[PDB]
Amino acid sequence: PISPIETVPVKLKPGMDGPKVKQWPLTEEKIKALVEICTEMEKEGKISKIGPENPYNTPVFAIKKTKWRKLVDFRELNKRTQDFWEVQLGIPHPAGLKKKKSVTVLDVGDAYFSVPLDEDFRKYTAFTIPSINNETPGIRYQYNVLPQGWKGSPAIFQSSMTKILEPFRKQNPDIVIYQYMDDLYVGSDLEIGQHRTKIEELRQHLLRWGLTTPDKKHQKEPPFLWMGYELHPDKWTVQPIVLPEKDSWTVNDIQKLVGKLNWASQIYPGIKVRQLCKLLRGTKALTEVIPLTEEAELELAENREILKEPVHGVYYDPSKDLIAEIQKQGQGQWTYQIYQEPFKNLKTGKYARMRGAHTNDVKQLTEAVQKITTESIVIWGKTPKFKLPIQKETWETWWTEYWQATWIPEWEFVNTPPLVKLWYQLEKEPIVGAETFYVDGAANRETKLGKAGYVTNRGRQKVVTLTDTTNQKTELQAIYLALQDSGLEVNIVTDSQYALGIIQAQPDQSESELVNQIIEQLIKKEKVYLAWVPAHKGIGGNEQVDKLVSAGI
Amino acid sequence: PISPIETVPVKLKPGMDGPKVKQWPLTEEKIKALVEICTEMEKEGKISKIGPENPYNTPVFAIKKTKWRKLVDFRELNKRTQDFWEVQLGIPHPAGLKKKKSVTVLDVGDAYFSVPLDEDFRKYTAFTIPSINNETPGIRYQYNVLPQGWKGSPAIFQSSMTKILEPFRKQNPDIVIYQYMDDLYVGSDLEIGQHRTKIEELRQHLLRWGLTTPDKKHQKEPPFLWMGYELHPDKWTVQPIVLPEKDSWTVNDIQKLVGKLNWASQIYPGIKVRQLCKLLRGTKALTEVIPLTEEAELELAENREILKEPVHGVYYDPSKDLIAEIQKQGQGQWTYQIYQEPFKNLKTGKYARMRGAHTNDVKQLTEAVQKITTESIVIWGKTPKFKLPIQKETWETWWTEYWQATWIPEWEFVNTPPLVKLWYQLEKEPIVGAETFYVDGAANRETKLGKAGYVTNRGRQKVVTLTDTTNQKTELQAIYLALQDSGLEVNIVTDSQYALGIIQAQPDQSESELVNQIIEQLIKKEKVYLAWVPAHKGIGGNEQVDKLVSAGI
Amino acid sequence: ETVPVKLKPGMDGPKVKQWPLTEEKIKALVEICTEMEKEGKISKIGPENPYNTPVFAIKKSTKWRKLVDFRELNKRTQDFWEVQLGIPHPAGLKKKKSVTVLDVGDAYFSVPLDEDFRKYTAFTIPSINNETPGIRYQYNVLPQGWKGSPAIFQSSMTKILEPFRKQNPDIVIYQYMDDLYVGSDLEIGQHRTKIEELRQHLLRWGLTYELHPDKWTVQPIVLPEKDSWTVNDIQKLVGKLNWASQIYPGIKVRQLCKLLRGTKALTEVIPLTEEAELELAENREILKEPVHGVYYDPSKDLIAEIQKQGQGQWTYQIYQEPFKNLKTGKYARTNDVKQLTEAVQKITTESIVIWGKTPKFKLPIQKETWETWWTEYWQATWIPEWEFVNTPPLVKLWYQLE
Amino acid sequence: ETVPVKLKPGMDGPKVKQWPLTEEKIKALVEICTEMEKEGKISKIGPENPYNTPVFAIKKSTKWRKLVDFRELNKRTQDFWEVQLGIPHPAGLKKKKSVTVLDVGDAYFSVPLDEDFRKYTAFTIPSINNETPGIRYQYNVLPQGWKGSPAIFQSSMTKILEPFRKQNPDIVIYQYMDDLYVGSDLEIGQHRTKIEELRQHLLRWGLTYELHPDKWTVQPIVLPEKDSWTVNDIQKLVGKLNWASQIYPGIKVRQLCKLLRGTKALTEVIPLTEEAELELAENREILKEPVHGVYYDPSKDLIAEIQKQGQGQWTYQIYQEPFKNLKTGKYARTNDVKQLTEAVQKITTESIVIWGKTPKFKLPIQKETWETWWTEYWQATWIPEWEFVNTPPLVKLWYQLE
Ligand SMILES: Cn1c(Cn2ccc(C(F)(F)F)c(Oc3cc(Cl)cc(C#N)c3)c2=O)n[nH]c1=O
Ligand SMILES: Cn1c(Cn2ccc(C(F)(F)F)c(Oc3cc(Cl)cc(C#N)c3)c2=O)n[nH]c1=O
């Protein structure tokens, strides 16, 4: 059964002509198998016989199981075929589905074969069943339907199915038709009666357009085991997850484990993968065994505990609003839950990213909010109302004072420790009755040797020497030096915009241990006033500390 | 059945005392289920009843399927238990197994339970079945055998099984006993008769030490489906690999695909994952769809072709030598095969790494040789003889002239294109009748603005301005500038050890597009002589180009 | 009668992905597009069209409008609209006391689009939770947002404006994309009357703020006036002045640098000298006037940099060569993204008026924040090119106000 | 009678993984260990020992020897062997005309090891293809390779050496790890006779090259002697001299720098001046003598840097402060790893003789190459600490020879 639908006019890439790939002579068993198969296909209208006037060729192979299957190597035709529009933007998410009284799963039968192919394109799908020891002219065919393995098949199928459903979608607007690959997912809030009736009008309308679907007896019933999920009639979950137990974990065993955990994190709250991902760093062989660290073993144990009892997700109610709750889990780890009615979760998730080298929890929380917002727009067409573990005062202080434009949509504070806060604040003006440290750092580009030091207005001085260092590393050393030797109240003068930049952004975590040591000093202090001067312009204490660090550079 | 073997003296971590974790009151169904299970275990000698004089406690849970199972949360005991020696160094590789006439698979029955536990440690495994609504003193037990989920169980089991096998290993040195988890893999070159006889003496010797194994009827027969491999009697392979076909590939679908391909690359030659791994970069959501690039689609197609027909691996012959053949596949991609008899492969593999920012094929080949050497020592206890796609002249030129100590063990050239070669060579001395370019680059640390230029001995001059640049970027711009404006023969004078370093190592590929443009210029040239001078020491043309670049910095 | 449009050789049409849109915006677009299709302005398309341009819904008024992002298609058709059919930019427009902006985009619906170019105008209406594939369409007529539309239509625009121009020879009319910029030296009442008159001329052909560019006075780099100056204050001043010398030729700072001698406390009061005060004033007089030596090169791209000053104020600079400022300014007046959106539109309008080109923006915001939210406050029918930057800590300080 | 050994508080014993070994080396170790176990020197151990130290098999002679890498255990027991039981280093040893090295490691087999320290000496014999778990063992006696062994045994060593020392008061004997360094000013025949005499004293207690340290003359930084000098050659010379000034105090280069004026060709001949030649010779005379101001700080680690010079030659420098060279030198004489191994042992021997400490090596080789192969050529009973570096392109040039 092949659809009477208007074909899609396919073209080849500009400046390109069809494939002319020589057929490799095959064994006798392969040639017979292919003749059997091609005669049957030709009989059903799938392929049609051609003459040797057609100049194109695409290779063919036959493979066994004890049934024979025809394989066509469409690599060359695909390289020459035009680009098509991207099939899907993304995949449906269960948490995005409404609760429907009745739901029918309709898998289209031999989908690609039920769809014609542009007349003027058919020639380029030419293939040759070779004769025994390639002595006589081989049998030559071309496709009439969409060939399997060809670049344009997914796209043309989907568009034909779209054109076909278009009128029925007008006739029944209260019927949900999800289009996914060669499947239709039909949901309605009618009684079993009117539903089975509505399914049949669709099945029939589909048949008028040469498309076959299963009947009430061959029709699947919930729970649907779709794409790694279980779709029950009033709940959803991820499919059974089994975490293996090993004496020795290879790179492959951990990669697989991380994947299953990540997949489980869509509905099971508090899944953590940090310590486990840390092991996969500095990549060794796939069969190579990685010893589990205590922190990785503890992470695996905590996960094992979450998964022991099964958790499910709820469906979407378009009338009720969406609430997103976020919690800080640990070292750059965040976890969230989206519900409408507390605490019946539509979905869960995690955020554990590194947007830079130096950040704080305020930036990480803002980043997580953005990511949840985006995801919500995709799944539900709207933004959630957030419940965040940050006081409105902490947020307002941060955003007003920060150089970067930042925004969180409708949100409200929720006392769920650990709370997100700023761990120190720089002074807006210099401290009276505080020693002024003029810091500097210089490193030789050749020797990679550097010097870090300070000169104070109280006469004090210091210089340390550093090996295999940079100017940036020495400029941070000089600030740290100034924080180590000063009291609880300092005025620091640097000529480094780089270090100034880092510190002013109020980081609490860093990829640098030097920046982490600086952070600890800043938290211990009562008052710190950082200021900047241009370098090599003969400015105060800065010219003095400059000659001090430049010695032996 | 519990082994009469001498126990292993377990300790707690210094300064730590046992767990005292309160038992959570359970439902009646859970308490009954646990009493049923614990009475049975106690009857078999697995657990023994204690009094409330013991101060330790570990939580217990019961879970259903319709059978009830006892779960013990040993997280706290594990945190307090001593560290043990690492169970296995790595996992056996099939290509490392000899071809044995007869092979028996012996899975030990309830392994952990068949092994006692240190008397003085038993107390710390205390658990409490709570009473109904925690009213009366709960039932209290402690383990006598190795508990499941406890930190020391894998280690103590393996060492007990080692001590047990030790005498039998003396009595039968010609019998291969592979120890893996709670399994023994026994192979010999005896006739079916003497083998079945030898298996029984082992089974009996094991039983004298309270360890039960299956009998001839319950004994598994080849092909063995072990750890993702198929162990046939004279060949081995990876287990069936099915590459899914999708309209839309999510981050999760690609991660799973890369994994299966990587696993297939152990025996299927020429597997490529570069383009597919490129897609996984700049990490998006696990359910987020990634559009396949043309280069990724081509890579997927090529892989699909390799896998269509099944490939197997051969076993190891200790008398014959090992040959490793390496081929350059593409953009930092390498593939290898290890055989003894051409071309009957023991195993295959790939190398596609980035050991730095700038490399060449000579460094990559040396890196691949090292990795194969290591792997061979692990699997077979010896190094292979290499067949490399590099002429002995190219290798000798490279190693003699390179600053780094480098070595390839016994190797021989094989003409298998693409051949590995050096694409350019710097002059050992300055060129007569060639223009001398004195190059320099300077960038302001504050503005991030830079200037790149040159001054020649032929009077020529040039200066370009750069945005959001560094000194390193400007110093490479200045060299590129000098290569763009010069003829086929140049003498370049830089003050940058950094750029000097890169170029002298003769790179052909780089993480920098600037370094790649420089590379193209160097290949086009006939002669290039690079030299270095100290900066800011008032040297020749260098002081002139220094004032030129310093303008507006 | 269609004008044949050609892409730069080796350059293919846009293949830009569609941003997720809210239910509200999707419904608004389905209704708009259902009507344009009924009127034959756009047609549903097949999979054989691999091209795509993003579509959004704005308010611009309490009615939903369709905004198409032709930024990619514009760069790819650059030859056609800039050299083949360029709309010259009048230098007089920036000189007028009042400039009014009128949307003329509805004029493009009349003129059909070259049948062979239509595929490049493809766009998709997304679908919540990927229920359905998107609704795909391409243009049959000149589209709003494509720079090629006014390029083709400029001959038809000249005929429409011929009487009005002839009767008001001192009125400058300039067409940028979907808008008409109308400048005059008339009193505000007379100007507003001539705009209403011009709208009547447009009304006969189916076509249905003010800005005061003479009053566009650049914000100079401001130096403080003080009684007592601390070490901290002189250090802040030398910092600000040392940087201004990169832009302005003739900035001296040695007399100020002289005061800063030895390892001193920042809080310590330092007395002013006669030559330091003279240097302070000579630089103060320079910053007042525009920077000497900076000229617009019509072959180079314009860049705009914006800094968040807090308290609802934003500063900006427009240049082609970094620090070689063609214009400087400020924007004032809740929401950081709304305020930023607002400043972006203001700066763009000023650049269209002064040079006939939009600048490439360096935005002090995260890509994702900006991408999720800019459409909630955007009201212009064009979209400038943008990139995301991490503002240097000192640039904000050096461009501060009072 | 056992001496109680204690780790630094908060510091646990070594948990170092075992390197894959070839079948040949595994068999060699199984046979060695089977015998040591029979003699009660080592015992098979249980899983309750979480500690591990790498084991290797060398040749050092055509007989396989067991080498245990106690580098980690040594750093962890540093307090015991350095301050609690330190073996003083004689300053006179480096002054003797001949120093002979004798292995005394077999002496440690007699003395039992503190029962509570034994667990820390754990090591594994690996298994090809992970057939079996490794064969695990720990020491019952003082182990060869652990710095605590000569520390404990030094009282027993003094008794053994008391007669020989008393009869040869001008013979210096020093114990470093498993070796005895014996120095004298006697003629080579007399020296060799006194060594044979000393071996007899050792032979009564169960104990069974030469170096010429007076002849250790540091390779100075060599400046070329030339008729005609090109621009290239002066540039190479100023480069070499500018760097030497960082090490040597009193290096002048301005007279040489003077010659390099204007944008000139590298191949162009430049004539020498009277003051340039005087500067060239004054620096030449300085490099001859050792660097003034550099002294060994016994509290700091020693570092050794090695450069590959090609043609079988290698240069090296020993310092504690970068470029503050305590010693410089060269090694000459196939295989890069073999040659490097050879130089490493030579430099280490010289450092043990001069300071009583091994230096931390910066090796111009890939971690993996070095780790796979160093054991094929290693003959010393100790192992120095090492790291892998990417040699600066110019350091090789500046330390070159003739
Ligand atoms: C299970 N279920 C529900 C949830 N639900 C709601 C609506 C639809 C609709 F038909 F509209 F697509 C569903 O159909 C789907 C959708 C997808 Cl993405 C995959 C599969 C499969 N295999 C089936 C659906 O599963 N509501 N009631 C009930 O029984
Ligand atoms: C299959 N096979 C062979 C190859 N071979 C050779 C030796 C052994 C020996 F017993 F020694 F371990 C084998 O036993 C193993 C080893 C491992 Cl790692 C896993 C499994 C499983 N499940 C079985 C073995 O499979 N030779 N002959 C033949 O039939």
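The chains carry the letters A, B, and so on, in the order of their sequence lines. Numbers in chain A come straight from the PDB entry, and the residues shown are 1-65, 69-556, in order. Following the PDB entry, chain B residues are numbered 1-65, 69-556, in order. In chain C, numbers come from the PDB entry; the residues present are 6-65, 68-215, 232-356, 362-430, in order. The residue numbers of chain D are those assigned by the PDB entry, with the residues present covering 6-65, 68-215, 232-356, 362-430 sequentially. Any value given below was found using the heavy atoms of this structure, including those in side chains, with hydrogens, waters and symmetry copies removed. Read the numbers this way: they start at 1 and go in the same order the structure lists the ligands and their atoms.
Counting heavy-atom pairs under 4.5 Å, the chain with the largest count for ligand 2 is, by its name in the PDB entry, Reverse transcriptase/ribonuclease H. Of motesanib, taniborbactam, beclomethasone, doravirine, only one is at ligand 2: doravirine. Other chains with a heavy atom closer than 4.0 Å to doravirine (ligand 2): B.
Doravirine (ligand 2) has no nitrogen or oxygen under 3.5 angstrom from a nitrogen or oxygen of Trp229(B). Each of the following atoms of doravirine (ligand 2) lies closer than 4.0 Å to a heavy atom of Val179(B): 11 (F). Close contacts between doravirine (ligand 2) and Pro236(B) involve ligand atoms 27 (N), 28 (C), 29 (O) [criterion: under 4.0 Å to a heavy atom]. Contacts of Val106(B) with doravirine (ligand 2), taken as heavy-atom pairs under 4.0 Å, involve the side chain alone. Remark: among candidates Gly190(B), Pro226(B), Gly99(B), the nearest residue to atom 10 (F) of doravirine (ligand 2) is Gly190(B), based on non-hydrogen atoms. Contacts of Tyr188(B) with doravirine (ligand 2), taken as heavy-atom pairs under 4.0 Å, involve both backbone and side chain. At a heavy-atom cutoff of 4.0 Å, doravirine (ligand 2) is contacted by no atom of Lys223(B), backbone or side chain. Short contacts between doravirine (ligand 2) and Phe227(B), defined as distances under 4.0 Å to a heavy atom of the residue, involve ligand atoms 1 (C), 21 (C), 22 (N). Of all the heavy atoms of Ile180(B), none lies under 4.0 Å from any atom of doravirine (ligand 2), so neither backbone nor side chain is involved. Set against the non-hydrogen atoms of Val189(B), the atoms of doravirine (ligand 2) under 4.0 Å away are 10 (F). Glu138(D) does not count as a contact of doravirine (ligand 2), since none of its heavy atoms falls under 4.0 Å from the ligand. In this structure, atom 27 (N) of doravirine (ligand 2) lies nearest to the protein heavy atom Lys103(B) O, 2.8 Å. Contacts between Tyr183(B) and doravirine (ligand 2) below 4.0 angstrom, taking non-hydrogen atoms only, are absent altogether.
Residue contacts with doravirine (ligand 2) for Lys104(B) are absent, since no atom lies close enough (heavy atoms, distance under 4.0 Å). Defined by non-hydrogen atoms within 4.0 Å, the binding site of doravirine (ligand 2) is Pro95(B), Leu100(B), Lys101(B), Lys103(B), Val106(B), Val108(B), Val179(B), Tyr181(B), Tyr188(B), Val189(B), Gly190(B), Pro225(B), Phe227(B), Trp229(B), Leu234(B), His235(B), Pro236(B), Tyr318(B).
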